[PDB]
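The model below depicts Camphor 5-monooxygenase holding (S)-(-)-nicotine.
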Amino acid sequence: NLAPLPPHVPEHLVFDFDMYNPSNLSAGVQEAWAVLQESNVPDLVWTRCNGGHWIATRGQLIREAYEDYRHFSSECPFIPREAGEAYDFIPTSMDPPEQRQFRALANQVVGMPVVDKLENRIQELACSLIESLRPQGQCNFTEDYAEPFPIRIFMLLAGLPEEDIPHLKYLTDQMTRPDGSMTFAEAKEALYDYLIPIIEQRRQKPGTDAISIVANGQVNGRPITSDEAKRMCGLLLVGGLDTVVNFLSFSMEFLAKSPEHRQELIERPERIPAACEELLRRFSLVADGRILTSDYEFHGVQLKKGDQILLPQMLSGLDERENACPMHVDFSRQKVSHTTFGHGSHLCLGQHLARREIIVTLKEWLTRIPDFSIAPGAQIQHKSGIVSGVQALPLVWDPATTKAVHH
Ligand code: HEM
Ligand SMILES: CN1CCC[C@H]1c1cccnc1
């Protein structure tokens, strides 16, 4: 339930929002979070849920905090406190200047140069999976394409066997949307338990895979340690198994419900890149934060050292003060403003990979299965957390309105 209100918190700023189970969940997860942006709600509130923490509700506040790493540290970035304290991935748990040197190494394994070179494999996997579903006239998108498409692409890049997916997928999910069976510390340790032996073997006999590159990597001229490699690989694992996987579902759910918007992409293919950005704004899904390094007055609100503050990446683009008709999806929107990949020194390094996976999915799906919809009488349930997602997305279509395209 609720944590007792801290001495310095003003009662008029209390809004008991629960990030792991928002009250307006059934209306759609983004909609649930948007309640924090209704006219009467202040720019900075305090919730007594999940141990108690502040919550910036507007893009201006969210962008500011992420830029100011001196007052807002990434050292304890998760809600609840025990999870944030136990979180030590690299570079996500570091603040500049220390974290800077580690980004370059991560770029070597997931940056644009590597992505460009994966294009053919990404398109090939997308086409086989899709053509595999096309004649069926149905599927549950989360298990049939959303999880397998991005996860296998990553498992390949990392040199990790596909049979290890169910175990790793379960562990990463306990870190973002815990079902209660595991604490954040335990899931993290089980992940390190999986990676440790592998990093040791990759340093003994290195291959060309992502993990061999990081384990035998160098940061600012010095060699990376075994502990630092483990901390970087864990972050990469969560990225391949719990980011794009959830995003693809929100996107396909929307496309399933808007024969209009998909028709726009079928008729005008060149706007798919632009559509991707708009969908990334409308269906933003990440929400982590920072911890106060000292007593600080921020926009008239007294914050005390150690207070945690959620800065939902998903909220910036949904803010009416950033985009005029927020809940409306407009592919032709002139200034698609958002912070879906973060803001400040920690801007997502996997975004280039993310965009190619989204863009290839939209093009290869619409090209083969242009007509489709939500299964008869099904009500789509969303799930909330550090990374929001979709519980199940069953789709249906008439096979006769599809077409097999050779890749
Ligand atoms: C739709 C997909 C994705 C979204 C929305 C997303 C979002 C984010 C966000 C919000 C951050 C910064 C968090 C913070 O400031 O604390 C971030 C960091 C990061 N992301 Fe992603 N990401 C996505 C996909 C991926 C993928 C696929 C990979 C890699 C396989 C990846 C690798 C990274 C890395 C390395 C960082 C750390 C950067 C740093 O801390 O300096 N991400 N991502
Ligand atoms: C799931 N995480 C929570 C905060 C950042 C996010 C993440 C992890 C790995 C790659 N990109 C984003």
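Using the numbering of the PDB entry, the residues shown for chain A are 10-416, in order. FYI, side chains are in, hydrogens and waters are out, and symmetry mates aren't considered; it's all heavy atoms of this structure. Atoms within each ligand, like the ligands themselves, are counted from 1 in listed order.
All instances of (S)-(-)-nicotine together account for ligand 2. In this structure, atom 10 (C) of (S)-(-)-nicotine lies nearest to the protein heavy atom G248 CA, 3.6 Å. Every heavy atom of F98 sits 4.0 Å or more from the atoms of (S)-(-)-nicotine. Counting only heavy atoms, the protein never gets under 4.0 Å from atom 7 (C) of (S)-(-)-nicotine. Per the PDB, the organism of origin for chain A is Pseudomonas putida. Using a 4.0 Å heavy-atom cutoff, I395 is listed among the residues neighbouring (S)-(-)-nicotine.
For atom 5 (C) of (S)-(-)-nicotine, the closest non-hydrogen atom on the protein side is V295 CG1, 4.4 Å.
Contact atoms of (S)-(-)-nicotine toward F87: 3 (C), 4 (C) (distance under 4.0 Å to a heavy atom of the residue). Nearest protein neighbour of atom 2 (N) of (S)-(-)-nicotine, counting heavy atoms only, is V396 CG2, 4.4 Å. If you look at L244 next to (S)-(-)-nicotine, the close heavy atoms, those under 4.0 Å, come from the backbone and the side chain alike. Protein heavy atom closest to atom 12 (C) of (S)-(-)-nicotine, with residue, atom name and distance, is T252 CG2, 4.2 Å.
Binding site of (S)-(-)-nicotine at 4.0 Å, heavy atoms: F87, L244, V247, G248, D297, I395, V396.
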